[PDB]
Trainee: 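First the structure, which I've put down as structure tokens, then a few questions once you've had a look.
Quick note on labels: first sequence line is chain A, next is B, and so on, each numbered from 1. Note that ligands are numbered from 1 as they come in the structure, with each ligand's atoms numbered from 1 the same way.
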Amino acid sequence: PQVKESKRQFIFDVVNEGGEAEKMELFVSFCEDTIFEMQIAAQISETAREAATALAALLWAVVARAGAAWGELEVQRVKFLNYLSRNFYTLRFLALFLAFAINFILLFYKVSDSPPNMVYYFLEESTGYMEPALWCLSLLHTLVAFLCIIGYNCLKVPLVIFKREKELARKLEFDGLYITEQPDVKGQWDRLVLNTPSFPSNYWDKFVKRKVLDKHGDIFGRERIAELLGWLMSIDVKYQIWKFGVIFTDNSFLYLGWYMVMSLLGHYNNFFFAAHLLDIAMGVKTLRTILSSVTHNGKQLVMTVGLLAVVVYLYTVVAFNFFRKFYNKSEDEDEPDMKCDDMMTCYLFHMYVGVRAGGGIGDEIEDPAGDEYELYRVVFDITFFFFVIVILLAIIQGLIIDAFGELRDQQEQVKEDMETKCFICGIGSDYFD
Amino acid sequence: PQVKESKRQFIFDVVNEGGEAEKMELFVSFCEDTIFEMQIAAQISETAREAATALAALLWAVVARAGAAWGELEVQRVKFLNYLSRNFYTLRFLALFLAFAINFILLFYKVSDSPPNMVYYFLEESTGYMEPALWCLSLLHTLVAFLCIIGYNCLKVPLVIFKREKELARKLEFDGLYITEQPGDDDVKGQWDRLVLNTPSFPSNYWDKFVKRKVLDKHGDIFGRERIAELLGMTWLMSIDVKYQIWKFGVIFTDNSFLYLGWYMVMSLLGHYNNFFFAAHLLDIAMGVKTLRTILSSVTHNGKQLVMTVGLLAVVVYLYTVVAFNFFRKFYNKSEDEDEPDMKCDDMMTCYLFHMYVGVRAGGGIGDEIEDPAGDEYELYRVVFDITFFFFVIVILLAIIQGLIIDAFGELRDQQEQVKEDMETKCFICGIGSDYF
Amino acid sequence: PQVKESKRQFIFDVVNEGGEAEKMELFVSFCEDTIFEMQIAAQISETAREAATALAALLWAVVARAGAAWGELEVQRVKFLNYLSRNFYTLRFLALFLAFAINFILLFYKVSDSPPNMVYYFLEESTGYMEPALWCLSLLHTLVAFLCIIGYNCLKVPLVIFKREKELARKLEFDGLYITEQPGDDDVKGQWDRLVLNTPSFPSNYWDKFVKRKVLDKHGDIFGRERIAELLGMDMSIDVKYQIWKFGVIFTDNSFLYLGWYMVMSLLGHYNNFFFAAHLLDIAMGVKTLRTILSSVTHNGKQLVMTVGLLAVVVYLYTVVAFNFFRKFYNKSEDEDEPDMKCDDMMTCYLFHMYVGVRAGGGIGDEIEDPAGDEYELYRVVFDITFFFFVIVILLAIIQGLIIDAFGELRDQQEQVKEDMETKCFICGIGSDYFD
Amino acid sequence: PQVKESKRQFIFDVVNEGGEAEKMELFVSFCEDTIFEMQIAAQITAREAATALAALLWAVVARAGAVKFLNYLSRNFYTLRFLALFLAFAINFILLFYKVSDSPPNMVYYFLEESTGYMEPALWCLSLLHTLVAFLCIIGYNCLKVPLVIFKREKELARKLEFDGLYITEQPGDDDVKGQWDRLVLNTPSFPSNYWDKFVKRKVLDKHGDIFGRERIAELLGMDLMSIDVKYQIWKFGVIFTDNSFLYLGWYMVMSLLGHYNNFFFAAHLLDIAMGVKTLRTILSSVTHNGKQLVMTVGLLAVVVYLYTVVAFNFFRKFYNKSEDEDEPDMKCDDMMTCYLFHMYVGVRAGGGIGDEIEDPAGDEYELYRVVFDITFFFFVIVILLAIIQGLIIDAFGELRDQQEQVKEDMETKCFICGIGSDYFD
Amino acid sequence: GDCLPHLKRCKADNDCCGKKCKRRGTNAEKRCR
Ligand SMILES: Nc1ncnc2c1ncn2[C@@H]1O[C@H](COP(=O)(O)OP(=O)(O)OP(=O)(O)O)[C@@H](O)[C@H]1O
Ligand SMILES: Nc1ncnc2c1ncn2[C@@H]1O[C@H](COP(=O)(O)OP(=O)(O)OP(=O)(O)O)[C@@H](O)[C@H]1O
Ligand SMILES: Nc1ncnc2c1ncn2[C@@H]1O[C@H](COP(=O)(O)OP(=O)(O)OP(=O)(O)O)[C@@H](O)[C@H]1O
Ligand SMILES: Nc1ncnc2c1ncn2[C@@H]1O[C@H](COP(=O)(O)OP(=O)(O)OP(=O)(O)O)[C@@H](O)[C@H]1O
Ligand SMILES: Cn1c(=O)c2c(ncn2C)n(C)c1=O
Ligand SMILES: Cn1c(=O)c2c(ncn2C)n(C)c1=O
Ligand SMILES: Cn1c(=O)c2c(ncn2C)n(C)c1=O
């Protein structure tokens with residue numbers, strides 16, 4: 001279940017970016033997480049139509065085959081919560097199936113002026129079962145999104161809670177970040193928890209307060225440290241708001257909240273459901289790798305795009321000063337279209353049409369053969385093509401492909417390191433056999 | 001001839017796989033297969049016309065250079081089989097030549113309404129003996145395909161069935177596969193090998209005929225002797241066992257090479273009806289030579305990742321299609337005439353088709369085909385839409401699919417080079433190379 | 001700070017090109033240069049508008065976060081100098097900000113015949129706050145560049161002079177480059193440093209003022225002592241030869257030349273306010289990635305030029321064939337009565353082939369009319385196919401690679417230097433294995 | 001001064017391809033070829049821009065990759081070739097001012113000069129001097145490098161005859177072209193004209209004179225007892241006309257001679273700059289480095305285009321009407337040959353598939369089928385096959401350039417005549 | 001010894017830990033990419 005995924009992920013980072021010096025400490029932290037995961041598991045335990053249809057079926061099959069995995073009232077409610085907790089990866093796969101189904105339904109969308117303003121009508125090939133079905137699967141998608149966010153809150157929130165408890169307690173009783181020093185939004189945010197009556201709700205050390213107080217009881221007085229560390233009756237407001245804030249900080253919780261928000265907004269406009277097809281990227285590893293390859297070299301890519309913009313601005317100013325009479329795109333003589341009569345318009349023309357031309361800006365501009373400045377404009381066009389299309393676009397593309405290939409090679413290297421060497425002992429597999 | 005190719009294939013397989021512990025077992029297996037090949041070999045032993053012609057001759061020469069290499073009835077029946085099996089590669093060469101000639105003649109077809117609906121007829125400046133040439137060439141191609149299927153039945157089918165019986169006996173004896181467990185799920189070969197045991201002639205070509213006796217003696221105490229005998233089964237028409245025959249046909253049909261040759265033959269027969277199905281026979285040159293086979297296999301080497309990237313491109317275009325359908329719809333007027341305009345994104349299906357078929361193939365983005373936003377609203381939005389679409393498709397996704405196929409081709413060549421170099425610096429028994437001597 | 005960046009460049013150079021035999025000598029030289037800068041630092045111590053605005057703000061943010069660079073008169077003059085030299089990098093950053101602001105303002109320019117001949121005037125969105133802003137920004141940038149020139153002259157130029165004197169004296173007393181031998185031609189420095197021997201202020205920056213005596217004692221036996229005395233010139237306070245040598249050595253410096261080019265472009269920006277676009281290129285010199293991209297082209301300059309020459313001769317060989325054999329298909333006009341034959345002279349056909357055919361991307365046959373139902377169809381088809389497969393497939397890819405690979409190799413060299421320093425001690429070749 | 005280049009070529013060759021087991025033998029052969037190399041030396045507007053790029057290109061080419069009746073002509077042969085290249089560049093530059101017109105000076109080839117009437121006589125004099133310098137170069141080659149190659153051939157023949165005894169016992173004339181050609185020189189009395197050992201016949205007649213009859217070897221090798229060595233003369237002609245460099249120089253001379261018939265024939269001499277510089281030679285040889293694989297890939301592309309052409313011919317015939325006029329149609333796929341020509345010529349170079357030219361299938365039958373047809377055509381041709389063809393040549397050129405760097409690294413890394421690295425040498 | 005660093009210059013395929021000595025385009029330099 002989730003413990004295997006956690007183990008594989010831990011190994012992935014601990015070999016990709018984890019040194020041998022702190023590998024044992026990271027392993028100990030992972031075994032500390034694992035025990036809490038087992039406790040949680042024990043707690044929850046007791047024509048275009050035919051071609052499009054074929055293509056969608058093939059795509060869904062290949063995607064699914066590689067990824068996407070009143071006391072009695074209270075007694076019923078806790079069982080309901082446990083039921084949602086037990087099956088979460090199945091609900092996340094059902095939501096993905098529903099999104100694909102409703103997107104295939106939306107693929108038959110038509111717009112016409114006359115009613116069935118510009119109205120939108122649904123085309124049915126003599127099958128009236130489809131229009132109510134769209135609303136039905138929309139309702140089920142909203143319901144399963146709610147179930148998924150409830151399950152994530154139930155089974156994954158305590159993991160991040162207890163990890164943050166590890167981090168802050170280890171910082172406190174080793175370094176004393178709040179007594180011997182001061183911090184880093186996490187430090188300012190977790191700070192309110194220190195004065196709470198019950199800090200270690202999810203951790204073993206329920207008597208850590210005395211340990212921290214006695215550790216630095218000589219540098220600071222007892223009263224100096226006591227103030228820092230401190231249903232309706234048991235409503236720990238500071239602890240609960242801290243838990244809500246760290247829940248909000250979680251990236252996967254933000255993803256689930258965005259999914260729920262998009263599902264709710266899809267009722268207002270049915271075309272908002274198209275954003276739910278981006279979950280296939282997270283389902284399969286290679287699509288996630290492709291998506292992350294863009295941000296792997298984000299700073300250098302931004303610098304390269306800035307250089308491209310700067311050089312296009314240089315060509316724009318060069319053309320604006322000299323080569324502007326040849327920018328008449330309109331064929332009609334009575335009504336001209338002066339694209340370089342304004343600096344902003346000419347810059348937009350160079351950025352939008354010059355880059356995508358593929359053969360330089362000179363393709364759109366008029367031929368200078370029968371006019372002066374012929375050699376100057378020929379040199380301008382050739383140099384523009386060579387400097388932009390040959391150089392900068394190729395550099396950006398090569399950076400993207402290099403980042404992608406580097407990510408694949410990192411994954412492969414992690415796999416070979418796992419299969420060629422023991423995790424605990426530094427000896428290789430040759431010694432074993 | 002055959003033994004050298006088999007040896008080269010063995011080395012390629014072992015070095016490419018990288019297995020070291022099983023190297024000795026693979027060597028012994030090749031040794032016994034080699035003895036089987038020698039025994040069976042001993043058994044069978046005794047104007048546009050001129051330019052097009054020049055180009056076809058050069059292509060045929062280069063393909064040839066690389067990638068080409070009633071008592072009285074009893075003796076005749078085996079003599080025919082021996083002579084046919086002796087020159088199987090010659091038959092394949094003849095088939096390739098026949099297909100090349102047929103395609104060269106087919107390169108001179110025409111259509112016309114009037115007779116010599118639409119009718120297909122052949123024309124030639126003089127050369128009235130080229131249509132009968134094709135008529136004869138089709139018959140010779142069909143005959144040579146039949147000869148090829150017979151030669152493959154004689155050459156490799158005994159080797160394949162002998163190897164299958166070999167691993168079956170090895171699994172029965174060394175592992176005790178059948179008497180202690182069942183293949184169960186998957187294991188198509190294991191499930192298909194069930195009918196073999198009841199056949200008395202289990203080692204029809206395998207050397208030892210006492211394999212059943214060894215299995216019964218070894219596993220006759222833990223498991224019942226009667227059960228083992230029942231599992232093991234303990235006028236030529238009556239003596240022939242049906243189940244072994246069905247196993248033989250199943251193994252023969254399952255073989256990839258026999259399937260390819262049967263497809264070749266069936267295309268040869270189908271060619272007589274349309275006279276244009278012989279074009280599929282030109283793919284034989286791809287399998288003939290290592291280079292084109294590697295080029296073809298590079299496409300399927302990363303098939304799963306290629307499908308992932310294609311699906312990502314499709315869903316990415318789908319979002320752009322939705323955005324265009326909801327917002328940028330007046331710019332998709334392809335018709336120049338105002339009286340009769342057409343909208344590519346009036347419907348979602350045609351909008352997606354236009355975005356996928358035209359936008360990806362454009363090379364400059366979807367913005368080239370659609371009307372430019374010069375003097376209309378949403379100009380900045382349309383510019384951003386076109387720029388982002390063109391970037392995300394051409395620079396990233398199309399580059400990455402091409403990237404995967406080209407990288408597969410490169411690695412398939414790098415692995416071949418590494419195998420060739422390793423065979424020059426390794427002894428294949430001891431881990432020493434040119435350093436020692 | 002300055003010492004940290006200097007050590008980064010020194011270690012990068014040593015790991016990249018510096019040999020292991022002279023690595024210790026390079027370390028000693030760097031320490032010699034580093035100590036001299038310590039006292040130097042000691043003495044100075046005490047709608048389209050909205051989208052364009054958003055894009056400019058984002059670009060400025062990313063480029064800034066990527067690593068962008070008479071008694072009373074005497075006491076006041078030095079105090080201004082140290083104040084200026086303390087924040088030279090901030091002055092470079094301010095100059096970059098000024099250039100970016102002017103260039104963004106320059107985007108709001110419209111040209112029309114009518115006054116507000118062709119008149120270049122400013123058209124704003126009902127905000128007249130930009131018309132004097134451009135002028136104030138122009139003079140502010142000019143003043144900033146002037147102060148930057150002065151600060152670079154006062155701060156880093158003395159280090160260059162000290163280094164130059166260091167190698168000059170070292171060669172003079174350890175190799176006899178001037179009296180035992182002659183540097184000869186092909187070396188401008190060999191003749192240029194000849195003017196400094198007779199100057200009494202030779203060790204102005206170097207701490208060894210007795211180099212002349214030592215080199216006189218060393219070579220006093222092999223060569224006549226009078227020869228050494230005449231060669232080194234051993235016998236209000238204004239000299240000419242030393243000042244000329246100093247001027248030559250600063251003009252030789254690349255950074256001073258670049259700053260003077262910046263200053264002269266700033267002056268040229270007053271003749272026309274639209275000339276300030278050249279100041280926008282300072283971003284490339286700031287961030288390492290764009291500097292490496294620029295150096296990629298120069299890395300394979302000879303190969304690039306020679307490959308372009310090969311492309312030119314190939315296009316010439318194709319143009320002569322087009323001119324002699326098939327030139328009736330070179331009509332680019334659609335009107336029968338008005339021809340536009342692009343192949344009637346060798347020069348014009350060559351220009352059409354190179355300027356249009358190379359950039360076509362699909363061969364010269366794309367623009368040329370298709371020879372469907374005419375003679376020479378096979379010849380023309382082979383001509384177009386071979387032209388494409390050579391020019392746009394092989395040669396053009398080679399020219400593109402000669403820059404893309406060069407950039408990639410530079411990046412790989414930088415990462416290799418980083419890894420080598422991270423996994424190997426500088427002083428001793430002991431790896432991280434034993435040292436752990 | 002000149003033997004240095006031969007030394008560089010020899011050492012680069014032995015490091016690049018020469019094995020370690022034959023390194024000593026290759027050194028011996030190089031030294032034997034080199035001793036007499038010293039004895040040979042002891043016996044010895046648009047006009048202005050066009051001018052600007054022409055001068056720049058000439059400067060770059062010059063900078064990188066440039067008894068007495070034959071005495072001064074032998075040492076200056078290398079400079080003579082540079083002089084010929086300069087003349088070729090000059091005549092090529094003047095060839096750029098041609099024009100065609102119907103008026104008198106039937107299309108005519110005349111000159112357009114900006115008041116420079118001394119251009120045609122200059123071109124005539126330059127052509128005459130170019131053919132003269134080509135004649136001088138072809139004259140000097142037979143006295144400069146031909147003795148070296150014929151001496152090498154005599155060396156290899158002597159080694160074969162002595163150590164192996166191929167001619168007397170093996171006798172492989174039919175198997176190879178050289179074996180047949182070398183049979184004539186054996187009977188010649190002037191076999192060791194260039195070889196130092198003038199008594200190579202007195203050794204093999206007792207090395208193999210016992211098992212085999214001496215009377216046969218004596219007659220086979222010309223042993224007997226003005227000066228016209230006919231058989232040696234024809235052997236010399238064969239080896240000199242079989243030489244690659246001699247053939248190239250003869251081709252250059254014949255092209256110069258043909259340039260008098262038409263000045264445009266002089267454009268072929270611009271390829272000499274390719275062989276002059278190493279990297280241009282690398283670019284030229286990268287195509288032939290993977291020639292077999294390149295031709296096989298081109299053939300696979302051709303058969304793929306043929307399959308697409310026949311598929312279109314059976315089904316998509318009415319979509320290939322290029323002519324816009326309805327009265328007069330241009331049917332490009334009414335014949336298989338024409339459709340194949342259109343697919344190979346236009347489809348490959350289109351860059352976006354065959355469908356960018358042919359008609360839109362919207363509003364007609366076979367719409368999705370043709371959509372798939374063109375999608376597959378684009379993906380299989382432009383995305384895959386053209387990319388692979390380009391990548392093969394790119395990789396060949398990259399590895400060919402890498403080979404020289406590796407040769408230099410092994411030159412500066414390990415002791416060539418000792419086989420040990422520089423780590424111990426330090 | 002036989003194994004080589006990641007981006008350190010190599011000579012031929014394998015003969016390093018990366019085992020893949022590819023070159024970037026026309027670049028002569030080869031490293032265990
Ligand atoms: N201490 C270790 N314990 C277990 N496996 C280890 C250890 N150190 C390294 N490994 C490696 O981890 C891998 C464990 O198996 P692997 O993850 O490849 O999948 P598996 O055997 O199919 O089963 P599972 O995924 O269920 O563990 C092996 O490659 C093994 O060599
Ligand atoms: N134990 C070994 N067994 C076989 N070959 C070995 C062994 N160790 C090294 N080799 C080398 O591996 C190569 C295999 O030789 P093989 O007979 O298969 O070559 P081939 O491809 O048929 O070519 P050729 O006939 O030109 O030598 C040879 O270069 C041989 O020296
Ligand atoms: N002899 C050496 N002296 C100093 N540093 C060395 C030496 N040998 C290797 N190094 C490495 O050089 C680096 C020292 O530089 P420094 O302490 O300035 O930081 P850095 O690693 O370059 O990174 P940053 O400056 O971004 O923190 C360390 O990575 C260290 O391992
Ligand atoms: N046997 C050898 N003789 C000479 N150099 C050798 C030998 N073996 C290896 N080398 C290497 O060759 C290089 C010497 O260069 P070489 O002998 O070609 O000189 P050169 O290029 O003619 O002279 P110069 O460099 O002075 O212009 C050194 O890197 C040396 O290590
Ligand atoms: C229950 N429990 C643990 O599971 C634990 C621990 N320290 C480490 N672990 C893993 N402590 C103190 C603890 O009480
Ligand atoms: C004064 N001084 C220095 O300042 C100095 C030096 N060596 C290096 N430095 C920096 N020596 C020898 C010296 O005398
Ligand atoms: C006379 N002579 C040579 O001239 C000669 C030679 N080896 C090479 N040469 C050139 N030997 C061995 C020799 O005796």
Trainee: Which compound, drug or drug candidate, is present at ligand 5?
Mentor: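 It is the drug caffeine.
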Trainee: Which macromolecule here is the main partner of caffeine (ligand 5) by heavy-atom contacts, as listed in the PDB entry?
Mentor: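 The chief partner is Ryanodine receptor 1.
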Trainee: List the other chains that have a heavy atom under 4.0 Å from caffeine (ligand 5).
Mentor: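 Heavy atoms from other chains: A.
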Trainee: In chain A, which transmembrane segments listed by UniProt, counted from the N terminus, have at least one heavy atom closer than 4.0 Å to caffeine (ligand 5)?
Mentor: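 In UniProt's count, on heavy-atom distance, the answer is none.
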Trainee: OK, so UniProt lists some caffeine-binding residues in chain A. Which of them have a heavy atom under 4.0 Å from caffeine (ligand 5)?
Mentor: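 Heavy atoms under 4.0 Å from caffeine (ligand 5), UniProt residues: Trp204(A).
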Trainee: What would you say the binding site of caffeine (ligand 5) is, if we count heavy atoms under 4.0 Å?
Mentor: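 By heavy-atom distance, those would be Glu32(A), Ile35(A), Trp204(A).
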